[PDB]
There are 2 protein chains.
Amino acid sequence: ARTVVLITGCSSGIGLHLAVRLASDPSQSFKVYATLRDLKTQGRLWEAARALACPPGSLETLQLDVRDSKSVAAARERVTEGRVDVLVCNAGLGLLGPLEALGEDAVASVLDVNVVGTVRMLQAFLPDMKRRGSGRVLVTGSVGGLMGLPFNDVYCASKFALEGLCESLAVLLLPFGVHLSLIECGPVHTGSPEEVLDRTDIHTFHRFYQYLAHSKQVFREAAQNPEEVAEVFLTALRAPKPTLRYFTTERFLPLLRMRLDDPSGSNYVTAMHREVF
Amino acid sequence: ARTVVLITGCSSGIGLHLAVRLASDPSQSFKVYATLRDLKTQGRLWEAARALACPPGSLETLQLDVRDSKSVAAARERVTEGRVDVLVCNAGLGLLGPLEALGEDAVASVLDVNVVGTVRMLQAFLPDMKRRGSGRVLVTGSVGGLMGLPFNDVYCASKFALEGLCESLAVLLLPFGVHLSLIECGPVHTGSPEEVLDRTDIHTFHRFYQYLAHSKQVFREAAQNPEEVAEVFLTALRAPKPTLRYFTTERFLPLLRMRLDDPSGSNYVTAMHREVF
Ligand SMILES: C[C@]12CCC(=O)C[C@@H]1CC[C@@H]1[C@@H]2CC[C@]2(C)[C@@H](O)CC[C@@H]12
Ligand SMILES: C[C@]12CCC(=O)C[C@@H]1CC[C@@H]1[C@@H]2CC[C@]2(C)[C@@H](O)CC[C@@H]12
């Protein structure tokens, strides 16, 4: 009857706002499983759910740790309807800093949550979709998945990885009737200094500050409401033939095109260096 | 005096051929540390070294496991010259199959060797390069880093990740005088069926066969000599101002451009589906 949606990473941000947008939809078309790594963070989702007056039974929370394939399987068994019509792979971690200041565990964690975590969800959920010959997968992407950003080396690695993962899968899934799309987000309004200085050189440290200053100004001028981003997920959801990629904004497309039409990377690296520094 | 080169993944392929090309250079400009995960595989490198008559002391082998930051640090201490002029990040794993048939450990291993392994090398070696204000980093890339290939979902994820990692770093390293370049390789002439069938559906299994058939024909028609690929690394090495990206072939550039100029991904996914299936 209803469209069953399971969303990862609902404790804040896009995931939180998408979950309550869908559950509160005036048409009541959606049953939403909002999943979270730590149940102690669920308060914010329930406060938003109340604000939007989600009908009882339109929204349920599950604990799901995308690092643990047992946790993934336990949450899938909790989908009482026995299918997922829309899977939204949104859990993700950022990681910001000079590459040599990043702990090895932090690097592996970002990769595990952002890439392997999405692999675990797709392994768990794609089979029943392929069998039914139907289902929609939406994956939260980033501008940092489409072009490299300084001091985001590992975050960008992880978001570029989701691009390759999803594009590869889409080439195969086409004749199966299962549609996968990336939702490419720019900024969204959702170590300490001594720590970082201890792990890098003064010149890199200064470039980091410059990057942070520029980033803050891009964010204050350009950040989108998660309400507006969530509606782009909805657009993808309802598209009779969805495309592989949706963009939540036109903002970064000129930078992207400059990347796109000089494959040597020389124009992009130059332009981004000037843009930031 | 000599240009000190440390290359990862020298047991076969590009890494093996690049190592002996450099060590055997008639000019004797290069001292090469060819590194390998398992020393039992070093025979092939030494057979090639003899064939090309590398002078004694032009080539040394080190054991290096890019999964282990202690192994990385132990090999760096073995660079008797106390600097690395050229770091070649080439170790890599493939992974081929229906996504749901891939073991979780195999997925994590590919990511660890191909992405985190390269992060470990850059963390270990970039600091002294930035300090000197000089050094060249060359990273073995792939066509699968630039466009998604069906049944290579995790391999492509890993090779897309190297793109984001390197591009992000290049934006920063520009004013430091340290130059990083990807060398984008097409095919290079360097589970059992019951296993895979047990882990997927018959229809995906059949698409896998089709992909393998097409792949084999692309390889037989298009595979390059690693001798020819190694010379593209040399070109990058010697370029007074290197670009971010070198391509070893023009072959896949029409497919890439079609990807590049439809950001929605719709033309690429369609064209690649038709190309393979
Ligand atoms: C990381 C930031 C800033 C913080 C964030 O939420 C993600 C966002 C993605 C767009 C980036 C931006 C930093 C400034 C950049 C790099 C602009 O120059 C162009 C794209 C911007
Ligand atoms: C994985 C393969 C085949 C095996 C290999 O060594 C890597 C190589 C990269 C180019 C791929 C190719 C498979 C066939 C493809 C997908 C062609 O259609 C275009 C690019 C090709």
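Chains are named by letter, beginning with A, in the same order as the sequence lines. Numbering, chain A: per the PDB entry, residues 1-190, 198-284 in sequence. By the PDB entry numbering, chain B shows 1-190, 198-284, in order. Hydrogens, waters and symmetry mates are skipped; everything else that's a heavy atom, side chains included, is used. So this one's X-ray crystallography, 1.7 Å, going by the header. As the structure lists them, so they are numbered: ligands from 1, and atoms in each ligand from 1.
This structure shows the drug at ligand 2 to be dihydrotestosterone. Bound to dihydrotestosterone (ligand 2) with the largest number of contacts is the chain that UniProt calls 17-beta-hydroxysteroid dehydrogenase type 1. Chains touching dihydrotestosterone (ligand 2) with a heavy atom below 4.0 Å, listed by letter, come to B.
Using a 4.0 Å heavy-atom cut-off, the binding site of dihydrotestosterone (ligand 2) is formed by B/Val143, B/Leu149, B/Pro187, B/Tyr218, B/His221, B/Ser222, B/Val225, B/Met279. Close approach of dihydrotestosterone (ligand 2) to B/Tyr218 (heavy-atom distance below 4.0 Å) involves ligand atoms 1 (C), 13 (C). Atom 21 (C) of dihydrotestosterone (ligand 2) has as its closest protein heavy atom B/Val225 CG1, 4.0 Å.
Per the entry, the species of origin for chain B is Homo sapiens.
Looking only at protein heavy atoms, the nearest one to atom 4 (C) of dihydrotestosterone (ligand 2) is B/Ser222 OG, 3.9 Å.
Looking at UniProt's NADP(+) binders in chain B, a heavy atom closer than 4.0 Å to dihydrotestosterone (ligand 2) shows up in none of them.
In this structure, atom 19 (C) of dihydrotestosterone (ligand 2) lies nearest to the protein heavy atom B/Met279 CE, 4.4 Å.
For atom 10 (C) of dihydrotestosterone (ligand 2), the nearest non-hydrogen atom of the protein is B/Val143 CG1, 3.2 Å. Taking atom 7 (C) of dihydrotestosterone (ligand 2) as the reference point, the nearest protein heavy-atom neighbour is B/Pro187 CA, 4.2 Å. Each of the atoms 16 (C) of dihydrotestosterone (ligand 2) lies under 4.0 Å from some heavy atom of B/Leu149. Looking at the UniProt active-site residues in chain B, the one nearest to dihydrotestosterone (ligand 2) by heavy-atom distance, rounded to 1 Å, is B/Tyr155, 6 Å. Covalent partner of dihydrotestosterone (ligand 2): none modeled. Close approach of dihydrotestosterone (ligand 2) to B/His221 (heavy-atom distance below 4.0 Å) involves ligand atoms 14 (C), 15 (C), 17 (C), 18 (O).
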